[PDB]
K.L.:
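Just dropping this structure here.
Following the PDB entry, chain A residues are numbered 215-276, 283-329, 354-406, 413-616, 997-1039, 1060-1272, 1278-1326, in order. Both counts, for ligands and for their atoms, begin at 1 and track the order of listing. As a basis for the values below, the full set of heavy atoms in this structure was taken, side chains included, without hydrogen atoms, waters or symmetry mates.
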Amino acid sequence: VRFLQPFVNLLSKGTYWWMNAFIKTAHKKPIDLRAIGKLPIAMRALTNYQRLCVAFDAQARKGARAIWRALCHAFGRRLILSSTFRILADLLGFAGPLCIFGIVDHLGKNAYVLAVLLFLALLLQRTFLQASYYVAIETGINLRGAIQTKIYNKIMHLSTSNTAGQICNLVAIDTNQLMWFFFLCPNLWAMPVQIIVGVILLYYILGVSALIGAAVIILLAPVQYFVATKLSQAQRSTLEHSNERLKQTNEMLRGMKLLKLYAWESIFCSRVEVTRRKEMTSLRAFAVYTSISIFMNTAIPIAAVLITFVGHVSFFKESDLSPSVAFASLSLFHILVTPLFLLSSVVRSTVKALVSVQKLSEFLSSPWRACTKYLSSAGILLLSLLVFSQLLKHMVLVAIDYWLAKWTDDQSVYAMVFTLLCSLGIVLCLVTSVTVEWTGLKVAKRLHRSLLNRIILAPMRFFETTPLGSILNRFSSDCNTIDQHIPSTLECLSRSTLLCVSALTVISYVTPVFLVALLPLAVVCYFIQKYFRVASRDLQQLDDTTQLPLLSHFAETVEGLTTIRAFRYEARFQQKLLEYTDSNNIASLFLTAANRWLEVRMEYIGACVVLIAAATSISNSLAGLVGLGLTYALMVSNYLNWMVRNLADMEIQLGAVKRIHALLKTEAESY
Ligand SMILES: CCOc1cc(CC(=O)N[C@@H](CC(C)C)c2ccccc2N2CCCCC2)ccc1C(=O)O
């Protein structure tokens, strides 16, 4: 047992301090199934299975509702403990904007004490938030173990009269949707509370104009939900053509010998290219919806701030905009963004796992070179336009946030220039979104065409030596990755890095002394990031590689069920399944603990940054520039952990482009 998360004092339970030792070891020598621990007794497949079966007996003494109530009876204590942590973290995160309000109101007219209390509340709030995430993940994984064991125990008893692939994917995707509903279940209860208290605080701060602002920002959640629905629709319509193109590529690759013998390769390649053109026609709509999602997500808050402040000053002829009031409202808008954006995802996952539990009831009742090659496939025109648009968009963003400070203290001219710059910002953001999506599409097209052509020209000895599985897998999974994940992830990594650099630039321009303190933290940040990455890579690979046995086992058990029951070998196979699912659970649990460790450390670095910025700016001013620095240093932590998550998410996905280009360089016959 090397997963001693339950077995430490509450502080290291809260800051995942034990993981430190592990991660340090995991940096020197690679991670093996001997280095990762064995799960505690509290979280085993047998322990959670027996807990769930006791809950099921209790519910049967008193269908889908039966399964939901049994899952409640079995995991509700920990589910509501995670929900408590999450709601306390939500309220203590709201404790930030009003504190910025108090600080800027003091110094524009008790300030240092407000700054240190902001620091303390921020530190405690981020710790509680990460602990909430962790408890939700742990109870979700325990539920996955119990449900896997239960559906396997049901596979054992079912009759020979009865769909093996259905059971295999019921273990593969339906239990997954259930576990992810349990991952996001605290959010389902704590996002409405968050949004309500946010709108209430905004109203209390800004009078009546804040309600117009909060309505405009809330108008983001339904639009995001509609966009996500259209995106899944386009996803299915793309998967159709992708499956047909895959079958055609498999035809071309099985009979490559005969084709090359009579030189029919070019005509079959042309047919595959026609199918690829149809799939690209569908991918265009998919990318349009993805671009609309990115643009709405970034542009609804800009317009919300614009309408709020302008209508507050001109239309309402309302209170004069003071720095404290304005920047408190801005911080509350930034705190309001994320719940409004992710509420659609929470609801969609909720209905998805509801369907999954209904189905389970019905069943149970019976790499820099890769980046260089990818960017070079785009061309200098699209790459230059993309980089210029990203940089100028973030410049316009910081520009409007600074014009806010200069606004606070000819008010018509200020309002007009603020409106002009917000329009410039939304146009520039739409440009950067459409450009990243167009670049993604163009690179996918070029890379796929070159790959197909370069394996058409491949010699026969190459095909005899190379496994057919790999040549098909490059077109099957990696071209899919380049088609779907690389555009969005590259765009979001660009946004995360540029927003982080922008925030540090803002709080350095407000506070010239913070720069001196930036370099230590910078170093710390770097180190942590580095170590996390290596650990997070190993674990991730391990977590994937242990899932293939499990599903495989399920498949086998469904195929040779009558033989296993004839042998009376049922207990041995249930034992093998418990061992496989325990390997998978320990892998996923250590992966999530490493994630929690990194996000806790990055949030603590963000807390130190906000404390330094608050202290030094309140000092130098003892006005609106202090509020600017305060907001940006307040939220640097999100940019930081989002950017490191996106970098980890970026390298793995870029490995696919790397190996596509690797296969692209095979020898060609001088035809
Ligand atoms: C903050 C990321 O850590 C997690 C967090 C969770 C639980 C969780 O409340 N998630 C929120 C995101 C946070 C920022 C609110 C969420 C809500 C809706 C849809 C997706 C998501 N997401 C979950 C996948 C990655 C981020 C978007 C699970 C798993 C993880 C994880 O380490 O993988």
K.L.:
Choosing from tobramycin, repaglinide, etrumadenant, valsartan, aminopterin, what was placed at ligand 1?
P.N.:
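The correct choice is repaglinide.
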K.L.:
Count heavy-atom pairs within 4.5 Å of repaglinide for each chain, then name the one with the most as the PDB entry does.
P.N.:
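Main binding partner here: ATP-binding cassette sub-family C member 8 isoform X2.
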K.L.:
What does the entry say the source organism of chain A is?
P.N.:
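The entry gives Mesocricetus auratus.
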